[PDB]
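Here is a PDB entry that includes trotabresib.
Residue numbering for chain A follows the PDB entry; the residues present correspond to positions 1-127, in that order. Read the numbers this way: they start at 1 and go in the same order the structure lists the ligands and their atoms. The analysis underlying the following values was restricted to heavy atoms, covering all of them including side chains, and did not include hydrogens, waters or symmetry mates.
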Amino acid sequence: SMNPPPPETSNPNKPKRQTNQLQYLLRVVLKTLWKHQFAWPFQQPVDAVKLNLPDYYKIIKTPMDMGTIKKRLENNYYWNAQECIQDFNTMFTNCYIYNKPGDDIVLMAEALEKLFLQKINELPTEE
Ligand SMILES: Cn1cc(-c2cc(S(C)(=O)=O)ccc2OCC2CC2)c2ccccc2c1=O
């Protein structure tokens, strides 16, 4: 029923980099998905109390959302692009796991994931 603490966005002992691929993930990938008309359900951690989803965190044990990804990118939380790409994929997969096929939220995730895949296909080579 209750909400868990959110995923971490700050860890001073975690080594960090600012690479051109990570810059692309913020400037192109995150920005493109964030401005999309279907972004709103994914811009913050799922609030299972407000949405009356008492079983959400019984089912979803690796929660992820673009609000967290945005903070991670802006705070240079990552070492490499694969870490961030994994966070996006976790977000999409959680939606498909928890929800039923054809639900509005699933159609929304699918539209964002299509754009995500298009942008990742053009991920620049590491400088
Ligand atoms: C990822 N995700 C996100 C939402 C969700 C979360 C929030 S909020 C600010 O409270 O966090 C607000 C709206 C939301 O959905 C709206 C779309 C369905 C029209 C959601 C809601 C019900 C069931 C599953 C999910 C889910 O799987």
Quick one: which ligands or chains go with trotabresib?
ligand 1
Most-contacted chain near trotabresib (per UniProt)
Bromodomain-containing protein 4
Side chain, backbone, both or neither: which part of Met108 has a heavy atom under 4.0 Å from trotabresib?
side chain
Where on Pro45 is there a heavy atom closer than 4.0 Å to trotabresib, on the side chain, on the backbone, on both, or on neither?
backbone
How far is atom 13 (C) of trotabresib from its nearest protein heavy atom, and which residue and atom name does that atom have?
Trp40 CZ3, 3.4 Å
Which residue and non-hydrogen atom of the protein lie closest to atom 27 (O) of trotabresib, and at what distance in Å?
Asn99 ND2, 2.9 Å
Polar atom proximity, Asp47 to trotabresib (N or O, under 3.5 Å)
yes
Please list the nearest protein heavy atom to atom 5 (C) of trotabresib with its residue and the distance rounded to 0.1 Å.
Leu51 CD1, 3.6 Å
Distance from atom 22 (C) of trotabresib to nearest protein heavy atom, with residue and atom:
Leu53 CD1, 3.8 Å
Got a sec? Which UniProt domain of chain A does most of the touching around trotabresib?
Bromo 1
Write out the residue and atom name of the closest protein heavy atom to atom 1 (C) of trotabresib, then the distance separating them to 0.1 Å.
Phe42 CE2, 3.6 Å
Can you figure out which of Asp103, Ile105, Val106, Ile97 has its heavy atom closest to atom 4 (C) of trotabresib?
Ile105
Can you tell me if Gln43 has a non-hydrogen atom under 4.0 Å from trotabresib?
no
Working on a figure here: which residues of other chains come under 4.0 Å of trotabresib (heavy-atom distance)?
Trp40, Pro41, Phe42, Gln44, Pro45, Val46, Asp47, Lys50, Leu51, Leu53, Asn99, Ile105, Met108
Show the distances, to 0.1 Å, for all pairs joining an N/O atom of trotabresib and a protein N/O atom that are shorter than 3.5 Å, listing one pair per line.
unit_1      : atom_1 : unit_2 : atom_2 : d
trotabresib : 11 (O) : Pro45  : O      : 3.1
trotabresib : 11 (O) : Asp47  : N      : 3.3
trotabresib : 27 (O) : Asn99  : ND2    : 2.9

